[PDB]
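Lab note: FMN-dependent NADH-azoreductase 1, nitrofurazone bound.
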Amino acid sequence: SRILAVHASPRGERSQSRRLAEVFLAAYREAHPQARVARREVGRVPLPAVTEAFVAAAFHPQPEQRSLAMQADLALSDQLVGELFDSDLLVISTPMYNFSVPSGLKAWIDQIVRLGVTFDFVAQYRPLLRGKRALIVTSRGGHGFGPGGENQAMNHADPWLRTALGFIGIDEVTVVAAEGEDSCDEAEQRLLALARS
Amino acid sequence: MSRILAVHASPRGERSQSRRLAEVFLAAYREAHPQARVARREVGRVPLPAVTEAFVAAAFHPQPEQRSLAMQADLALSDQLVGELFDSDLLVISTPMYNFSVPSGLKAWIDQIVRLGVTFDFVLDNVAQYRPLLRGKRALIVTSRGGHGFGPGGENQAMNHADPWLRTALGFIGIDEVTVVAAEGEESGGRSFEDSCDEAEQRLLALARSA
Amino acid sequence: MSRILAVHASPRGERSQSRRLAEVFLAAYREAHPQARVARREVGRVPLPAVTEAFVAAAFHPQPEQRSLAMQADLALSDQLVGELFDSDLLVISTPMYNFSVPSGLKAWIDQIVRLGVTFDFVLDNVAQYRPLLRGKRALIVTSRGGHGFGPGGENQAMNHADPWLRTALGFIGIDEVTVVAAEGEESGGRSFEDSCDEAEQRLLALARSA
Amino acid sequence: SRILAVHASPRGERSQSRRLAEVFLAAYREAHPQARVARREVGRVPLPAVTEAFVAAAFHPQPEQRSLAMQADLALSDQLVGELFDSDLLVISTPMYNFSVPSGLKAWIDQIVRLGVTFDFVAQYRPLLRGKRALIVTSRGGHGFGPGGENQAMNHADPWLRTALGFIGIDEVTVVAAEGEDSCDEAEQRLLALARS
Ligand SMILES: Cc1cc2nc3c(=O)[nH]c(=O)nc-3n(C[C@H](O)[C@H](O)[C@H](O)COP(=O)(O)O)c2cc1C
Ligand SMILES: Cc1cc2nc3c(=O)[nH]c(=O)nc-3n(C[C@H](O)[C@H](O)[C@H](O)COP(=O)(O)O)c2cc1C
Ligand SMILES: Cc1cc2nc3c(=O)[nH]c(=O)nc-3n(C[C@H](O)[C@H](O)[C@H](O)COP(=O)(O)O)c2cc1C
Ligand SMILES: Cc1cc2nc3c(=O)[nH]c(=O)nc-3n(C[C@H](O)[C@H](O)[C@H](O)COP(=O)(O)O)c2cc1C
Ligand SMILES: NC(=O)N/N=C/c1ccc([N+](=O)[O-])o1
Ligand SMILES: NC(=O)N/N=C/c1ccc([N+](=O)[O-])o1
Ligand SMILES: NC(=O)N/N=C/c1ccc([N+](=O)[O-])o1
Ligand SMILES: NC(=O)N/N=C/c1ccc([N+](=O)[O-])o1
């Protein structure tokens, strides 16, 4: 059982989403002693944004012909994609920042959605990832951003992740949210339950 | 004469359609308002710093005037970015749709300019109650998308977390007069994209002539 | 009353000795010159963009006035950084020694402000002949090092590629009046570092009182 | 024979140092068909600068006690160091930018000089890398920056690299420089000779 854990909060010890995610990971490890966890930090480390060079390389009509410089432009992307390919369960921890996700997490997504690698087209688009599942652990300052919540329509954090993840083939996605920064305890207890299965 | 702040979020240069269309609007605006001020803030071709833990600590410091000089340094870019907004009457954001949202640099720009006590505030009616601090401003969002149907009524409307999300974040700080001009079909190109770009230009020219 | 530009290159905040010592100088300068302008440019706690290929293409464009708007965007930060320098009479750089040189952010700041036709130029006496374009400026470099002997006469002088290198880069654009104030022994601390910091402060106070 | 190639120019096809380095690498591969080359791009990709968090983690008095967040702060560094450990020959290509190296290369060095990993102290310092050699391939706009050159004392590019590399244990270092951007041809031919041995 291989887990990729992507932490999106820039905060360390003080991060609630990171802490909850780590509570899940620890419980998961207890119940699956053989598990491996890979951590990809995108909160405390400045992940590069997509550049024009990246666009030219990633959408190259004949990728086998990419120059060495273009391959260099894609090397981080390839590494990030590889972590995803090698994992069965993707865990993403993230704050809501301004009704969406921290910019580093947007940057991660922008690196791993890759034509001919995690999606393709025939234009109609097709996902290429299979057999993967994801758990999103998110913390929010306010309230009512969840399903049936008063502010659901303002939530462009996790519902957006579902869209992007869905596009590349990850369609089994669970969200666990703590709001009001009781809800945390319900999340933590929800996570322990999820981990022991 | 509205003072304009243009925020360009495509990493692409001459080839950016979102940038190009926004520049059509700005030039046309300039023609009708020779003395109007236009400031440009690049967030696409320039890596804009993400929000860090030090930024959070400074921005949310309970006694703001007591921030160390180091903390002030952590907010210096934010202060510059916010200042540009305060100086402007009309905000123009040019942006691609990247993976059903905006490029990460634009997200980072937003994260820098939503500032407690500066562009929004709150009181405790225990239950924090938020209030926007920007007034008298308007925004124009000029966007380009590879595919089709991300606009209202579109087959893929629910997947659109780019401009609808921008409208929400801007509304939070008090910019609720927001217009969206979108070109679609950029990936397929053809003459359907030419028409879409043509319509976008005509729309932008009308807007510029009346702003 | 010299206008001052302070460029802080340590990633550390309250704990930065190089920053602290420079702030001692600035405060003391302020006390003697209440109306003096002081601008701070953070290059340590803020990731400053490296020079890119697009920057090179724009900065070295043979017809500069013909740069596209995208190219101008590529130089916008550089223009801001250069402008700060032009506005100043005295430049104060605070910097650690990091691996026998300066932190990468400070190197990036330098790479942004050495600009053809702006802070230096050249003619072809074929064999390019360079000329600095900054005049009437002075620099003060305040530095802190973990070890000892990196100064003149020091056992490790030849390993020092921090301030001696800064002096060379600044000289290239026309700042040849450069003073270096160094504290050493920061890693060992003890009372040898206390003395070194004390001497640095006394030196900086004298400089501030006469600048 | 394992090679780590660190390219420092932000320029792609147009980069002279990159091109010369690749001429060497190709020739080296011809003569040592079993060779492996790892490429670490630090010119066209924004390598993060050392931060206060990095300092706190890297100089932690009791590293085995580092929190997960601190380990995250060091994960890139650990990866960069690992590439170095796994290599026999380090090749660095770099422009001279303002009498030194591009800032990305300074940032790389700042990630790989690591207490207890590539150097230690007993204070007296001690290198920890062994059996490695390096080749620096550098391109300069001007002239006379080499040994015995009129401008030698202004050169804080490769002579500085020697210092930093020397500090962690890489003391067999060769510099091949092209100046005046004939010298290139002499470098290229110098590189082919070096590669066939
Ligand atoms: C820059 C920033 C933006 C935020 N935006 C929102 C928001 O849009 N909606 C919300 O409910 N809370 C918002 N918050 C509050 C955080 O979501 C809340 O503190 C969350 O628990 C932080 O996650 P973390 O503990 O993992 O760092 C924001 C906080 C910060 C620092
Ligand atoms: C990294 C990347 C992600 C993209 N994601 C989407 C997308 O999610 N939906 C879509 O319709 N088009 C998408 N596109 C296509 C672009 O939106 C389209 O090419 C757009 O014109 C780019 O804006 P620009 O021309 O101003 O640079 C994407 C393009 C890139 C390079
Ligand atoms: C990444 C790093 C590299 C360093 N390299 C050197 C060095 O090469 N020589 C030296 O004497 N001290 C070195 N030091 C020690 C620092 O120069 C010293 O702690 C200095 O005070 C840092 O400056 P600051 O206090 O303003 O942050 C290094 C420290 C760090 C964190
Ligand atoms: C930002 C910048 C700084 C430079 N600084 C120097 C310098 O200090 N001394 C020098 O001789 N040439 C300098 N040059 C010229 C370059 O070193 C020369 O173009 C070199 O061949 C570029 O390397 P590359 O072809 O691998 O990109 C500089 C060039 C640039 C773009
Ligand atoms: N009910 C709400 O609108 N809650 N919003 C919380 C937010 C949004 C932005 C921030 N912020 O601190 O930046 O807090
Ligand atoms: N989803 C669509 O129908 N059209 N958009 C095309 C996309 C989506 C993602 C990307 N991408 O390049 O990452 O292109
Ligand atoms: N070289 C010395 O004698 N003292 N300096 C200490 C150093 C050198 C490099 C580092 N470092 O932390 O990377 O510390
Ligand atoms: N003989 C010289 O001083 N040569 N210097 C060349 C340089 C230094 C900086 C630049 N530059 O283009 O930035 O070129």
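Each sequence line gets a chain letter, starting at A and going down the list. Here chain A follows the PDB entry for its numbers: 2-123, 129-187, 196-211, in order, are the residues you see. Residue numbering in chain B adheres to the PDB entry, whereby the residues present occupy positions 1-126, 128-212 in order. Using the PDB entry numbers, chain C covers 1-126, 128-212, in order. In chain D, numbers come from the PDB entry; the residues present are 2-123, 129-187, 196-211, in order. Every number for a ligand or one of its atoms is a count from 1 in the order of the listing. These values consider heavy atoms only, across backbone and side chains, with no hydrogens, waters or symmetry-generated copies.
All instances of nitrofurazone together account for ligands 5, 6, 7 and 8. Within the structure, the other chains placing a heavy atom under 4.0 Å from nitrofurazone (ligand 6) are, by letter, A, B.
Heavy-atom contacts of nitrofurazone (ligand 6) within 4.0 Å involve A:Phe60, A:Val114, A:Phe120, A:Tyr131, A:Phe173, B:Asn99, B:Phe100, B:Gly148, B:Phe151, B:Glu188.
Here the protein heavy atom with the shortest distance to atom 4 (N) of nitrofurazone (ligand 6) is A:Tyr131 CE1, 3.5 Å. In summary, the atoms of nitrofurazone (ligand 6) found under 4.0 Å from a heavy atom of B:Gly148, numbered by their order in the structure, are 4 (N). In the vicinity of B:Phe100, heavy-atom distances shorter than 4.0 Å reach the nitrofurazone (ligand 6) atoms 1 (N). Of the protein's non-hydrogen atoms, the one nearest atom 12 (O) of nitrofurazone (ligand 6) is A:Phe60 CZ, 2.8 Å.
For atom 7 (C) of nitrofurazone (ligand 6), the nearest protein heavy atom (residue, atom name, distance) is B:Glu188 OE2, 4.0 Å. Between nitrofurazone (ligand 6) and the UniProt FMN-binding residues of chain A, heavy-atom distances under 4.0 Å are seen for none. Taking every heavy atom of B:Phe151 and a limit of under 4.0 angstrom, the matching atoms of nitrofurazone (ligand 6) come to 1 (N), 2 (C). The shortest N or O to N or O distance between B:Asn99 and nitrofurazone (ligand 6) is under 3.5 Å. Here the heavy atom of the protein found nearest to atom 8 (C) of nitrofurazone (ligand 6) is A:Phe173 CZ, 3.6 Å.
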